[PDB]
There are 2 protein chains.
Amino acid sequence: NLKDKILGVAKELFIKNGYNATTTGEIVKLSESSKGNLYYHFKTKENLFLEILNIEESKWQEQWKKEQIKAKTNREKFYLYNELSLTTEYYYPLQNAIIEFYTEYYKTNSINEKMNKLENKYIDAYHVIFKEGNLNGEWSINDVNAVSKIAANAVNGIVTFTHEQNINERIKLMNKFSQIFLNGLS
Amino acid sequence: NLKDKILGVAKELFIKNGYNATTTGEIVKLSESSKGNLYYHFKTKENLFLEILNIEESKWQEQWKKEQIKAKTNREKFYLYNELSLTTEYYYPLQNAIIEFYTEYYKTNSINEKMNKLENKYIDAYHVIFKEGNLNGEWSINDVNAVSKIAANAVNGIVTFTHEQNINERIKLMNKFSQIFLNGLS
Ligand SMILES: Cc1cc(N)c2ccccc2[n+]1CCCCCCCCCC[n+]1c(C)cc(N)c2ccccc21
């Protein structure tokens, strides 16, 4: 494909280097397409990156729906989602690139809108789990949105800031975190 | 002292122009030193920057040592340290150079090793709060080292990935997080 091999080489570059480290020159010299091509579907470079995120959050959310069956209670789904978070090949590997990205486009207005459209997708899985768990009598959260937002970011914190220590050490901490947290809700 | 003039000047240069754009030549001339002296004390730009981070971590510890006295109990120190990490990062000028430097050097083991020492010093403050809270009966935690690493990265996530929200909402969520988490310990 064309408008799909771009998105591919781009994802690979944003991860391998960083957001700025990868230039449109590079994406082209390895995705072979005149500068203009990258201009139709993808208006700007911040469009191509914001595009990659959407796909990634979708592939990830999709992977979780196909794996969440292995958890019977919402309590178990919480532990599971946070554990799988450390291993997916989806979305989470772009978090550094996203931190970089936001530091260099937070002076524009169309940024806080798109970076907040994704926010809703990103915390959705937690919203389901906490609401569904309210319905299933697993706990009683008065402010579901607040808690989903906290859970999502705290977890994104664990996944992102421990990216060097042995993987099983990380799963261990994440489980202790999921424990402290749900225990905190009831 | 010349070493300190070099560090002071380099810090300001990194802040005004960012990590990559600052040249050691600028650092050399503006501090009235030499490539030789700079090489002698730091070996490289990356090292210089890491040394600056060291000093910054120490000033931060000193500031905390003076601030925590406002918080009688450890439950309070925890609430306060988490709020301080969120509010003071909003206007910490080196933050930008820091993002730029990390999301570009976490691949090297030389650098990522030294960064971990820094990170570990930040985590220590949680260790102290948690150990001290044990000896005071504020809670009973059997795995202080672990809970400390979890708290630190959870908080960093909340501080780091929540930037699009309004400042009061972020402070509301950080406190709710502190409340949930401290409640999950008992
Ligand atoms: C004085 C002073 C004054 C303040 N008002 C202040 C305010 C807020 C914070 C520190 C402050 N300090 C001093 C602060 C010194 C901070 C030194 C930090 C070193 C390490 C960064 C580690 N790191 C890791 C592990 C993992 C990541 N994925 C990652 C991603 C992006 C960026 C960094 C990353």
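The sequence lines are taken in order and lettered A, B, and onward as chains. Numbering of chain A is taken from the PDB entry, so the residues present carry the numbers 2-187, in order. Per the PDB entry, chain B residues shown: 2-187, in order. Each ligand, and each atom within it, is numbered from 1 in the order the structure gives. Technique stated in the header: X-ray crystallography, 2.5 Å. What you see below is based on every heavy atom in this structure, not just the backbone, and it leaves out hydrogens, waters and symmetry mates.
- By its PDB name, the drug at ligand 1 is dequalinium.
- Ranked by contacts, the top partner of dequalinium (the one with most) is named in UniProt as HTH-type transcriptional regulator QacR.
- At a heavy-atom cut-off of 4.0 Å, other chains contacting dequalinium: A, B.
- The binding site of dequalinium, defined by non-hydrogen atoms within 4.0 Å, is formed by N97(A), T161(A), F162(A), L54(B), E57(B), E58(B), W61(B), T89(B), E90(B), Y93(B), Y103(B), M116(B), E120(B).
- Residue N97(A) has at least one heavy-atom neighbour below 4.0 Å for each of these atoms of dequalinium: 28 (N), 30 (C).
- Looking only at protein heavy atoms, the nearest one to atom 14 (C) of dequalinium is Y93(B) OH, 3.8 Å.
- Those atoms of dequalinium with a heavy atom of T161(A) less than 4.0 angstrom away are 28 (N).
- Counting only heavy atoms of the protein, atom 18 (C) of dequalinium lies nearest to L54(B) CG, 4.5 Å.
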Please tabulate, one line per pair, the protein N or O atoms found under 3.5 Å from any N or O atom of dequalinium, giving the distance to one decimal.
unit_1      : atom_1 : unit_2  : atom_2 : d
dequalinium : 28 (N) : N97(A)  : OD1    : 3.3
dequalinium : 28 (N) : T161(A) : O      : 3.0

